[PDB]
Amino acid sequence: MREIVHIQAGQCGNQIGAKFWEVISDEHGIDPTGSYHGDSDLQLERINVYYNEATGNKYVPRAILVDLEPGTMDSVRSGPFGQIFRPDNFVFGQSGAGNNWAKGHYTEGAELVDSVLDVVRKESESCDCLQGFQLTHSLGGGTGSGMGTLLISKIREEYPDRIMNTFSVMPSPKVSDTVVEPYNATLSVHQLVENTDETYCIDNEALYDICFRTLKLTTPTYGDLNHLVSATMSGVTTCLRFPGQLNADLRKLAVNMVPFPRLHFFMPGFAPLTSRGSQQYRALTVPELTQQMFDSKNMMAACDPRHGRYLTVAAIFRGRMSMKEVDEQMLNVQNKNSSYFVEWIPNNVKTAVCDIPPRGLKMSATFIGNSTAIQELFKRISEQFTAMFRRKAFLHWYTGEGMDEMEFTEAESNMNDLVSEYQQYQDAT
Amino acid sequence: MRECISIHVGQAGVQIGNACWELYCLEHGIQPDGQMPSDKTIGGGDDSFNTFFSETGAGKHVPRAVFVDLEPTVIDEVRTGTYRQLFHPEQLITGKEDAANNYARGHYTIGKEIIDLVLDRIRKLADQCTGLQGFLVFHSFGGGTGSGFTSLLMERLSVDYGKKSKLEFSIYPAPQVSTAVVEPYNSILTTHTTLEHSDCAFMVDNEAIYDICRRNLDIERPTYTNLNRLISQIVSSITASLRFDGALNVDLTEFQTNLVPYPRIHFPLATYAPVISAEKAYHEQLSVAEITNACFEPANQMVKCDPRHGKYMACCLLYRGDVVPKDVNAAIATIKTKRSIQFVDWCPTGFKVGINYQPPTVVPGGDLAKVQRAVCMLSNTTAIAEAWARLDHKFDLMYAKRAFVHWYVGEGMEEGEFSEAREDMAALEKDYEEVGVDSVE
Amino acid sequence: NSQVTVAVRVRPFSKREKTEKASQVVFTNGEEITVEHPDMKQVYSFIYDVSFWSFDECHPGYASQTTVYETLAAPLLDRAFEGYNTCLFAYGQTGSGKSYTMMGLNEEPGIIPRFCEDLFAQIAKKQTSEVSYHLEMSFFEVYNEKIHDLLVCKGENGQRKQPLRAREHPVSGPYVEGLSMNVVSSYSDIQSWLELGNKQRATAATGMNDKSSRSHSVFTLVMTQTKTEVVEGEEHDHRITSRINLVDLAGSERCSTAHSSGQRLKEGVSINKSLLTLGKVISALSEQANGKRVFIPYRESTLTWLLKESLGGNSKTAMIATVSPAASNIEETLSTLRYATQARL
Ligand SMILES: CC(=O)O[C@H]1C(=O)[C@@]2(C)[C@H]([C@H](OC(=O)c3ccccc3)[C@]3(O)C[C@H](OC(=O)[C@H](O)[C@@H](NC(=O)c4ccccc4)c4ccccc4)C(C)=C1C3(C)C)[C@]1(OC(C)=O)CO[C@@H]1C[C@@H]2O
Ligand SMILES: Nc1nc2c(ncn2[C@@H]2O[C@H](COP(=O)(O)OP(=O)(O)OP(=O)(O)O)[C@@H](O)[C@H]2O)c(=O)[nH]1
Ligand SMILES: Nc1ncnc2c1ncn2[C@@H]1O[C@H](COP(=O)(O)OP(=O)(O)NP(=O)(O)O)[C@@H](O)[C@H]1O
Ligand SMILES: Nc1nc2c(ncn2[C@@H]2O[C@H](COP(=O)(O)OP(=O)(O)O)[C@@H](O)[C@H]2O)c(=O)[nH]1
Ligand SMILES: [Mg+2]
């Protein structure tokens, strides 16, 4: 019995989780109360991967909500699928972080974290076997940037021989929603490369593009971006819940996709996404999903793989299919598109399959990818950083809560050093 | 009586067994629950054949097999599927966690504290057998379970059971096709042990059977339960002389002698020539000569290696159905007359021959056809070195940079162990050059 | 970036193993150190820059304890006086002849005291008025990727050991936050401080031997060349500094053969990773000299991280392997030699 302990951290994580449980419950047949109203037996055989059990055939989730300064407990509880969470897991405090990595790592986080971990224990020992953790946060703020990473350190100290997946929203090359994004991002990456086995670098602009180009949505809200992130969140952990022909887990997708440890920053994607008009004018086959996956528009990372080389990619398929099609189509990519791959790994792709698709489709997929184009995501912040840190910009709000200047410099070098490990493998040897 | 214990490690072994037993239960006249209606109606015969199925006094029949994968997502399809009331509930799931496609997990850290149950059930099944002569094993070279648990198990069984034939019908990785990017590692470390412990390790490749499934069966979108149904036919053509009658019978202590010249080159191939569809089943004669010649075609090989780039050291031919001997002794002569097929100077005799009278069985929901005769070849070739080197090169490409190695040392492994295994894999691609040389005097 | 130097030293025999009267596998045709099984299925041959033959006191080219100093260690001293940093390693498993070569015994000395003695000799020869030197010593370890100081609080203080942490000055380099190092004046103080340390190296009794080290011991010395006041005013290049690192590493210890779980397995897993990263660093650094654009992975291990300013740049590195000549250790010995080749190429 493999089991995942989800953690929410901040506004982003709370909303994304609120939409993720609304997508896993529907996948398993659970209602807002916790009751079972399914139609198949195969949704309960492995419901233990996310949900605990309870008295009257009810099922409670393993969530640990954390957000210093509330305003969202009301939003989740009042919501449709809010009264299923455990009220003792609604952890929070007052005095919001104020978009500081310090107040969420040093001052206010340090006096909340010891109450957060006390739930993880209470939700970890009850698992027969624990496969890892699943955090959902956003760089740029204070809770997701500081408190989530403090939790990551405290948990990798206690439970090291596990997986700490972390599906992180990142800043963007254009208009942002916060002014001190670069510093928080730099100081988070310094604490997320050393204490993590698999992180997904999600960006919001790549999701606006997915929603305005493919989906052809005219007025997309934040509740439609998360409806895309949840797809990946479910697709990764499907080979634990549902059966298939080539099964998988969070550890197969961490042993193959990570040649060297620091290079665990991945680039996700989901297929088949389409507008309601083009759904009648398309075919659902393996090659359509392959082309829709490897296209540079369906990736969520705000980076172009055509500007780099894939070191290792994955493809967690879902549906009744034929592996003769899958292997052939995944080899065709390496043969045709060779310059977008490296030569010192002979095969660059693996495959995972599950026989149980999504509620309304006949075949879905989910693409993970480790490109060098993530360089371009961290070559940006390190510029913004050294455009501000030079003049000692919005920093008295960081030193004024117990942080020396050296800690800002260290995180600048590591990121840069990381950029020099991706760019090593971007030209011919 | 004659008996054979069949072990099924990993997803590949399980998905192959779920077809192998689907075939055997139908060959012998057994329903999926265990009860046969033939013994009560006819009142005679050993159709409850003791080579694979033990018998209880309640008319039930219990297979001689074990399953283990370190992941319950597979075997739980058996415990809840159509074949649940047959197999013993001791199908050794221990899958609190899977083996992550690394040998280091299937060898020590999730392969220990689990193996004792396996070696206890194997003793329990051997105590029930009088004339045991075979430990068949089904695994895959690629994954952590198939590579690690198998090597943890064979080294134990060679201590326990010792002078007793072991046969590994494994899945060798393909050159181009693959479903993982660590198979160049999990495969070399397995050879370093099974080369010393095993006795005859067959090999199949999914690319070859994919090609077979389009050029002969007319399937453009095949899945794994089509290939596993050919692997089942291979194992049935092998284990038929044990169960049913025949003119010339071939036991498992005969492949070990007539196909293994030196103890380190026990890596033969396998074929099954008539795989013809129900449409092409007509319009065709399907005689002994056609089938025997088709077994020597490169396109019909179930492993990807052009045998014309090498020489044959030995070869067996296990016929099944309406066959006469002189048809065989005329089919082989046409092969020796041919100059594309070569034979080592130290083996002019070459051929082992075996005949059986029970024809094949057509599994419903299937693609194979009804045939009055069927054949399975088992060749030892010096060409498969070219298939081994293809792996070794890959090793040398992703070990000069020490890639994916920290996931091995992180679960109880030394760096030099990889180097030692590569040195062991280089000694064997040299002996294949030694055997291929014509003598001089 | 200068070249890495790699050498091998074979111990004569251990009286403990001599009760078995096992056989000899290692042979030396000058510099090709050949290895042969008792079965003689294959014959391996390894070629290195340097080779020390200490099997028996008959062969010419016998490498006494003296011969390591003038051949490998003395240039490190000669370059430390030029301002360049140096590092020496030591790789071999339990019973190899490793700590015999680092220090030896009071009658047969190793490499540390014979180095630190000639150091003070060349100081007192050049302890003039225009120049005045100052030495400072530190001694730490790496246990499960945690830095500990072997000269602090002596245990039995509520907590067991002090897990210090590494940080990065922007211009000085990596360093340890909380390492009261020491000051020295002559050789006997070094011996006192070092005897005070090695008693606290967090060794552990595995099945193969009762005393087997599970830590990478690091011994650092810092040398300064202060000059005098020039006639025009008070300004003079008196900051010429150098750093000498001497490491005694631990053995690979494969765990399948040595059934070990709980905590020795974690120790082994921490030791095999540091060795792998060290080999990667040395291979990258020796590939950079030959002309190539390669990234040197320092940050993936603590021992490779703290010593970033001692390997790269214009500093010198050196490595000594130690192997047993017996057959019982043939799977152990070969591994060491294979690692040495990865350091040479
Ligand atoms: C006839 C038909 O094809 O209906 C589809 C549909 O038209 C499309 C457009 C659906 C539709 O989804 C969207 O329009 C959409 C809107 C904003 C953001 C993302 C999607 C659909 O609404 C969404 C819905 O998807 C599901 O029901 C899956 O179970 C999905 N989960 C949920 O949608 C869900 C969300 C909240 C509460 C309950 C269920 C899912 C996705 C991945 C993994 C597991 C589950 C389906 C099939 C459809 C409609 C209904 C039109 C698509 O949805 C997904 C995620 O696959 C949008 O693109 C796909 C392609 C489908 O063709
Ligand atoms: N012929 C055939 N091969 C299979 C089948 N399933 C998996 N394989 C092969 O097995 C390899 C994967 O390794 P496995 O040993 O099956 O993995 P596992 O058994 O789940 O054990 P883990 O590696 O720990 O997950 C792939 O390369 C496939 O080619 C199958 O059903 N039929
Ligand atoms: N070069 C040498 N010449 C002569 N005798 C040697 C030589 N090297 C080793 N010996 C002898 O062999 C012994 C080696 O065993 P021992 O010293 O216990 O190993 P060790 O390296 O000190 N322990 P460890 O620090 O874990 O490697 C020495 O104590 C000497 O008796
Ligand atoms: N996808 C998504 N992103 C969000 C949402 N709410 C906030 N964000 C992003 O989160 C970032 C701000 O971080 P924030 O949520 O305030 O972190 P906090 O300050 O610790 O709570 C911005 O870049 C937003 O784009 C949401 O509902 N969905
Ligand atoms: Mg498995």
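The first sequence line is chain A, the next is chain B, and the lettering continues from there. Residues 1-429, in that order, are what chain A shows, numbered as in the PDB entry. Using the numbering of the PDB entry, the residues shown for chain B are 1-441, in order. Using the PDB entry numbers, chain C covers 391-735, in order. Excluded from the calculations below are hydrogen atoms, water molecules and symmetry mates; all remaining heavy atoms, backbone and side chain alike, are included. Whatever order the structure lists ligands and atoms in, that order sets their numbers, starting from 1.
The drug or candidate drug modeled at ligand 1 is Taxol.
Ranked by contacts, the chain bound most extensively to Taxol (ligand 1) is, in the PDB entry, Tubulin beta-2B chain.
Counting only non-hydrogen atoms, chains lying under 4.0 Å from Taxol (ligand 1): A. The heavy-atom binding site of Taxol (ligand 1) at 4.0 Å consists of A:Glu22, A:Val23, A:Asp26, A:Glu27, A:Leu215, A:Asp224, A:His227, A:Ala231, A:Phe270, A:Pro272, A:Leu273, A:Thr274, A:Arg276, A:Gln279, A:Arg318, A:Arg359, A:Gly360, A:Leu361.
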